[PDB]
Chemist: 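Here you can see JNJ-54175446 bound to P2X purinoceptor.
Chain letters run alphabetically, one per sequence line, in listed order. Chain A residue numbers are taken from the PDB entry; in order, the displayed residues are 31-350. Numbering of chain B is taken from the PDB entry, so the residues present carry the numbers 31-350, in order. All chain C residue numbers match the PDB entry; in order, they span 31-350. All ligand and atom numbering here is 1-based and tracks the order in the structure. Scope of the values below: all heavy atoms of this structure, side chains included, with no hydrogens, waters or symmetry mates.
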Amino acid sequence: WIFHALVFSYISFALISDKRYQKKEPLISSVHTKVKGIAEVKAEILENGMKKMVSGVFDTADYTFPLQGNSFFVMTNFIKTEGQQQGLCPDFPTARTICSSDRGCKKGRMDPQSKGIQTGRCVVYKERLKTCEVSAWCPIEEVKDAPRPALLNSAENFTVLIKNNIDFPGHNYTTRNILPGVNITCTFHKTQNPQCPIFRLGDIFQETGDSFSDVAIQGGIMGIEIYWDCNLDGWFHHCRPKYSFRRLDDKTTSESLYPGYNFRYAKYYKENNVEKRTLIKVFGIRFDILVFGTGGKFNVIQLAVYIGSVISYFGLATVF
Amino acid sequence: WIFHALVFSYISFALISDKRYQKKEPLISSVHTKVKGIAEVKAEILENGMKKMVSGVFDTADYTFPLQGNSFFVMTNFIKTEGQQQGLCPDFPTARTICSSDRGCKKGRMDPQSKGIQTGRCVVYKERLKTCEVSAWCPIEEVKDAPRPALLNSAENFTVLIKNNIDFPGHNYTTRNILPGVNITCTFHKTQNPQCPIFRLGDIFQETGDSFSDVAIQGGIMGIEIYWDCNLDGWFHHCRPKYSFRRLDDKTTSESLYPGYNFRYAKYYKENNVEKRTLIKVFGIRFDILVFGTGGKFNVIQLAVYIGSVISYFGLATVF
Amino acid sequence: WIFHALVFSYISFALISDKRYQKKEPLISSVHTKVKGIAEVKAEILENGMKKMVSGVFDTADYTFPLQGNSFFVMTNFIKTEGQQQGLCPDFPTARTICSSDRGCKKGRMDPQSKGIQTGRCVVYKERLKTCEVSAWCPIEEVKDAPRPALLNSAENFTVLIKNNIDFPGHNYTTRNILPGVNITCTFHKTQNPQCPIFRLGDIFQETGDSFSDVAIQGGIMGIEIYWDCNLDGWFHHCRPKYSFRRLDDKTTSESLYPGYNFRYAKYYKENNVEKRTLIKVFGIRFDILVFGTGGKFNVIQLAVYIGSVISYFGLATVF
Ligand SMILES: C[C@@H]1c2nnn(-c3ncc(F)cn3)c2CCN1C(=O)c1cccc(C(F)(F)F)c1Cl
Ligand SMILES: C[C@@H]1c2nnn(-c3ncc(F)cn3)c2CCN1C(=O)c1cccc(C(F)(F)F)c1Cl
Ligand SMILES: C[C@@H]1c2nnn(-c3ncc(F)cn3)c2CCN1C(=O)c1cccc(C(F)(F)F)c1Cl
Ligand SMILES: *[C@@H]1O[C@H](CO)[C@@H](O)[C@H](O)[C@H]1NC(C)=O
Ligand SMILES: *[C@@H]1O[C@H](CO)[C@@H](O)[C@H](O)[C@H]1NC(C)=O
Ligand SMILES: *[C@@H]1O[C@H](CO)[C@@H](O)[C@H](O)[C@H]1NC(C)=O
Ligand SMILES: *[C@@H]1O[C@H](CO)[C@@H](O)[C@H](O)[C@H]1NC(C)=O
Ligand SMILES: *[C@@H]1O[C@H](CO)[C@@H](O)[C@H](O)[C@H]1NC(C)=O
Ligand SMILES: *[C@@H]1O[C@H](CO)[C@@H](O)[C@H](O)[C@H]1NC(C)=O
């Protein structure tokens, strides 16, 4: 007869822990972010074998874009090429693009590593070096790695404020990330301040486990997961978020898979009645905000179904 | 023996109402929107203590961007500053940025309310007023409230057409929000026309409960929830959407939390061989389209499981 | 007594096939795409009744934008209008905008098919043709169809590489689309190579069922569904994706519903100290990446609940 009570105790433990008496429903989320911080860029680079100085001040309008699709982008490094115009120009000296005569490459060939339409004419590029010219924007962008000191390294000091509004459409419940009457002067901490939504990017990378400088050198992808485990029952009601960080970057470190996060941005203008384009290769950090959760509310039908499923179980337990 | 029939009646009530005989599947959605309307802007503003006239016509290409991430943006107000260039300039007179001598502020200090790198030199700004200069884009943008009459108030008359395509991957079912052979000349109404997807922004604000002018003064965020409650069984098949509107804005009304929705847009160009930037502080309404739903189809396994779980229930009910 | 074994056989059938012993949890996805390919555009068009030649080379920075909201856009056709400035100009000759005298149209009228504010003055447009002028950007963009040969037809030869990172937050499981030590030189095939994520757009349209030329003529919307059916149990562990393609475009083919996918892009500049705008009507293909799935792991509670639910079932089966 002791088993008759042990089974009932296990049933009660299951009902309490698993919350089998509640209907659980998914979450509908909306995110709004604001990034603040200014960076003083001052460095020296080598463009086309010539030393150049990059100096300036970047404010919020110079390194980011408004949030779109629960994600915002923070720019950290750039390579600029100015004065490009459509025409004919030799390709960059490379093993695939090198030639000794015009027969080395054929007209109309398209190479994956090239940004021009080949025309088959091996012209001298520089210092008795011959490459076969292509029809594209000229001059061809120099193939170089990102600067070894990150240009916008101070971006590790920027602060992002996140507002999350969640709704459970089946129930009549909607709430927000920032409750009224809460401090707005915060720097997020795992234990000291786990609820104020102001995050520091360097702190995010510190908790996750990487170094901000190395990632910002070639860009990357990170994600801020906001988990909502909400109990909406009147007796025990609690609906608060939990913040975690996870690097979504693949860390391929292989040139064939395009490691890191980067893209190309184009600005078109006119000079001396000639159309021109300037190309900025931008390396940055892409922050995703993955908001997930569920909400449970008491339901009579679910409780009845669970009790019915348990009734035969403990009946057999008594019988056996 | 009457309880033996009452339990069975409740059994059938639960089975019919809760649809316990149906496997339920989430929804995969795709949204495509088109916003139309032109606004004639004509007003007078005060920039740097001087009266200026803003007059023009804004078409679809001048106040919105293509939909990205199930959300589109509608511009409603702006503050323009043209002719900025990198250099040294005094900051705007403010309690934090004010000084009587050069010792008031230190070089290299960064202030959250300032957009420049401080250099520590208290120079005259205007009319025997001294502030310590910073290195940034100059002249520093004037911090002022949005114009009391909303510039793009006529944006309340714009019309948005929404096309939603939903799919249930587990089942072989996909459908669209606009069925064939339906009127395309519509203005959405709660009761008169609840299925045609052409919405008027002013009407959205009217059903939601706010006023378009006040929200458009400082921006805001709304969400157009499209709920799909679809029964895919052949006997009783119905898959139609229901439209609701909900304001996702936090309505903080506190300057520390950045009330409303706004951002900064930058346009870079060259003038007299000098690089320059023009900055537009844009206030607008961000419309989100939260599409959620589920689809249920008859499943033998679910029906068998429910019947088995309730068999012990009514057996005990008869026994007791 | 044979039924006593048949019921148990169906019991095992349901438990094995339906995986009723597993707790199933949804998926959290992050997508990162890279599109490559250059198109040599060379064609002749008719603008304002005059023959013009469009020739150039488009690289990755000239026909696409960085991925935002699990979707990327590839431009395929464009119509350019340059030199627009704010002012008064007659509208395009149309049945709605035609007039014989100034009384034909009234000042301030807003027509849906026009992009200007009517001022009520029927002036000559061209060759003894009278339309009433409007205040807007001038000259009014010509109402013409897209060029019959798609300008960026070669966009069917572009290649897109997709990296998907999925996480099951409830369990301690995260994985990626590209496993280590796998070939990166691929062209996706239904049977020959179903796991390498390099897709050719022409191949996507071939598997889906349409022709790339017709779709690219007026634009369209497509979706690449990545389905993750993952079993995380140690005995039988497999978590691999399956790729499918589906056209999300409505295919309305009715002018009132705006068939295809297109938008208007604006570039603002200054010429001779006069503000000017150039408008590009862009037709392109919007690729969506709908990632969905679920992950199941063994749970004792679910197994106990299913066993309790089915115990009464087979008990009645024996009794009956
Ligand atoms: C136009 C060019 C540009 N175009 N897009 N874009 C961009 N990229 C990615 C984004 F997420 C947002 N914005 C930028 C960045 C700033 N840009 C600048 O010229 C610039 C501005 C300030 C200071 C300096 C300095 F320090 F070098 F002198 C420069 Cl060079
Ligand atoms: C370049 C500047 C600009 N840059 N971005 N942008 C923008 N902002 C947010 C978006 F969602 C989309 N587009 C705008 C708006 C229009 N712009 C204008 O100059 C302009 C155009 C027409 C009429 C007038 C008028 F009435 F003032 F004379 C002006 Cl001032
Ligand atoms: C500025 C203008 C422009 N502005 N935005 N934009 C755009 N649209 C949609 C996107 F998804 C991304 N980018 C474009 C495309 C290229 N553009 C060009 O001028 C251009 C460039 C190269 C060759 C030629 C050629 F062949 F005609 F000579 C031209 Cl005409
Ligand atoms: C970030 O700020 C701290 C002080 O708040 C400063 O010591 C540090 O140098 C800054 N980071 C960079 C990259 O300059
Ligand atoms: C915020 O925190 C400060 C100290 O960090 C504390 O003195 C203050 O009471 C808190 N609340 C408000 C509203 O400032
Ligand atoms: C919107 O249109 C109505 C007429 O359709 C007009 O009376 C009203 O003034 C317009 N709104 C604004 C802000 O002008
Ligand atoms: C659309 O509505 C009008 C009146 O609002 C009605 O006369 C017409 O029959 C409806 N259907 C179509 C296809 O126009
Ligand atoms: C795409 O490439 C193939 C060869 O790889 C070529 O035959 C075809 O003409 C190209 N497509 C277009 C539209 O030129
Ligand atoms: C890739 O495929 C080629 C042939 O398609 C094969 O020879 C090679 O072994 C594969 N793996 C690698 C790593 O190249």
Chemist: List the ligands or chains that belong to JNJ-54175446, copies included.
Modeler: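 Counting all copies, it's at ligands 1, 2 and 3.
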Chemist: State which other chains have a heavy atom under 4.0 Å from an atom of JNJ-54175446 (ligand 3).
Modeler: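 Heavy atoms from other chains: A, C.
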Chemist: Within 4.0 Å (heavy atoms only), which residues surround JNJ-54175446 (ligand 3)?
Modeler: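 The heavy-atom cut-off picks out A:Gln116, A:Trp167, A:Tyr298, C:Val84, C:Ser85, C:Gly86, C:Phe88, C:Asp92, C:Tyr93, C:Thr94, C:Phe95, C:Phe103, C:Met105, C:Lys110, C:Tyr295, C:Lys297.
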Chemist: Provide the organism of origin for chain C from the PDB annotation.
Modeler: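 In the entry, the organism is Ailuropoda melanoleuca.
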